[PDB]
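Opening remarks: the structure here includes amoxicillin (bound form).
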Amino acid sequence: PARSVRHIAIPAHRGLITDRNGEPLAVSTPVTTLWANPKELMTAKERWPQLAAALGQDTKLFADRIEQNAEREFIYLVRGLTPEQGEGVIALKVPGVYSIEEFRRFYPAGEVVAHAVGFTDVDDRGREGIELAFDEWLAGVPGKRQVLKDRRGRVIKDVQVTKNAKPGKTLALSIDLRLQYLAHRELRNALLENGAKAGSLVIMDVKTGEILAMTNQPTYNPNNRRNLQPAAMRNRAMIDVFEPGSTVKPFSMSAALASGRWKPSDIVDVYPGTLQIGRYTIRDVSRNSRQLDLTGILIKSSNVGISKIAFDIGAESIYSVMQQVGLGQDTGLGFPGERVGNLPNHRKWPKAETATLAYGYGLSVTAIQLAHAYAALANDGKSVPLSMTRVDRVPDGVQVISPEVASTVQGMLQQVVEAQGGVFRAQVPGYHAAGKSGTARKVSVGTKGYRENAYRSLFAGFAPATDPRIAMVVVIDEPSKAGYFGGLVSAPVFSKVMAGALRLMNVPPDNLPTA
Ligand SMILES: *C(=O)[C@@H](NC(=O)[C@H](N)c1ccc(O)cc1)[C@@H]1N[C@@H](C(=O)O)C(C)(C)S1
């Protein structure tokens with residue numbers, strides 16, 4: 001054809017992502033992509049070697065590429081150069097060489113918030129994290145332009161633009177970059193000090209359902225598009241499931257207190273520190289107890305104690321609490337590839353499965369689910385929907401644990417942290433803090449039993465105890481030093497991060513004299 005009217009795409013500006021206070025976290029940056037029409041290049045061959053050198057290409061390999069693409073009318077030279085580098089090639093004035101203005105993401109906080117903010121692909125589309133989850137909101141709509149193409153791929157004139165490029169929309173996350181940096185720094189330090197393989201830390205606002213911080217190790221710099229390490233790009237807090245172990249005992253206890261059959265001052269006989277159930281043996285770490293009260297069962301973390309309570313009240317009541325607080329349940333966050341985990345269910349619960357459920361084996365949850373469950377407990381038993389975006393109007397929560405039961409369990413968890421023989425490393429000077437340690441043996445990758453030397457160290461809690469504001473989970477995978485108990489490995493991280501986060505949020509210190 002002598003003339004040919006066709007259409008080309010004009011890239012649109014991707015929406016700005018900020019933290020909850022407007023600090024930029026993902027910013028669309030103008031880049032210059034160079035393309036060429038090989039047929040037009042065929043008329044200026046003496047210019048090719050200088051063009052090749054400017055592109056850092058070998059002269060022969062470049063010439064070979066153009067010659068073998070002589071039939072085509074569109075060939076990429078280089079994508080995503082800075083407009084500074086792009087003009088240096090444009091300045092050669094080579095016939096048939098053209099530029100289009102595209103966009104590439106810059107991430108000002110880099111590795112500090114990489115998992116939460118996420119990453120974009122070669123075409124500026126979200127492929128991880130918020131970038132992926134809110135891709136429709138962020139992407140906008142590209143422009144569509146008219147053209148006039150010949151048999152040589154030549155363009156004549158303009159006088160067009162049928163469709164204008166629509167920019168994407170701004171998005172403010174629930175994340176507070178101040179708390180995010182604190183959490184990042186403390187988790188990294190903990191990983192290194194313990195020679196651990198991986199870790200996750202989530203901070204949630206118990207009143208609004210907002211995720212205030214979400215950090216994992218290992219992490220990566222999303223501005224380095226060359227490294228491409230899949231393991232480091234995993235948002236473990238949302239995609240890696242684990243047995244939460246003794247961190248679910250406060251939920252078993254909630255079921256016990258709701259049953260009508262148990263009060264905190266009631267007693268369980270846990271002597272001699274083991275309990276046989278068919279071919280399975282329930283075992284406590286500390287085996288020098290006889291009568292323990294319900295608070296003591298949580299302080300000492302007696303598997304025997306919680307198991308006997310579970311046999312009394314029935315597994316159904318415990319399953320119900322865990323399901324209602326969201327363990328093994330869809331979070332509704334809508335991140336593709338987010339893992340839901342699994343909460344086992346039965347019509348007739350056998351005794352072994354009843355016991356293991358009560359102390360957190362045989363179910364799999366994510367760190368986000370665990371933090372959300374603790375948020376409901378801290379928020380006087382009311383569960384506010386999870387959000388990764390800033391919440392200005394809070395949706396109504398669902399009452400999942402009665403307020404009196406939740407309050408009672410809160411006081412028990414304060415004792416876990418403060419009482420003699422408790423998790424003293426979770427204490428937060430100036431405040432009352434509450435929570436529960438866990439230590440879980442990892443199930444072998446093959447068939448293959450439980451891995452003898454591989455543990456996960458957990459601490460989950462909230463503060464300030466007298467008026468809860470923040471819930472936090474710290475999960476550290478395979479610590480390598482002498483300590484591996486959650487109370488040794490994860491509790492000090494909870495303490496350090498809570499100390500900073502409460503003060504960054506201007507929460508009044510509550511360890512005061514009696515009124
Ligand atoms: C819950 O997390 C419980 N953990 C275990 O019973 C676990 N199978 C285990 C026992 C012994 C080990 O050396 C390692 C793992 C109890 N709660 C824990 C906690 O951290 O609070 C323990 C006190 C380790 S036991």
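Throughout, numbering of the chain's residues begins at 1 and tracks the sequence. Just the heavy atoms: all of them, side chains too, but no hydrogens, waters or symmetry mates, feed the values below. Whatever order the structure lists ligands and atoms in, that order sets their numbers, starting from 1.
Most heavy-atom contacts to amoxicillin (bound form, ligand 1) in this structure come from the chain listed in the PDB entry as Peptidoglycan D,D-transpeptidase FtsI. Taking a cut-off of under 4.0 Å to the non-hydrogen atoms of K436, the atoms of amoxicillin (bound form, ligand 1) that pass are 21 (O).
For the pair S301 and amoxicillin (bound form, ligand 1), the shortest N or O to N or O distance falls below 3.5 Å. Near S437, meaning under 4.0 Å from one of its heavy atoms, amoxicillin (bound form, ligand 1) places the atoms 19 (C), 20 (O), 21 (O). Every N/O-N/O distance between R283 and amoxicillin (bound form, ligand 1) stays at or above 3.5 Å. The proximity of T439 to amoxicillin (bound form, ligand 1), defined as any non-hydrogen pair under 4.0 Å, involves the side chain as well as the backbone.
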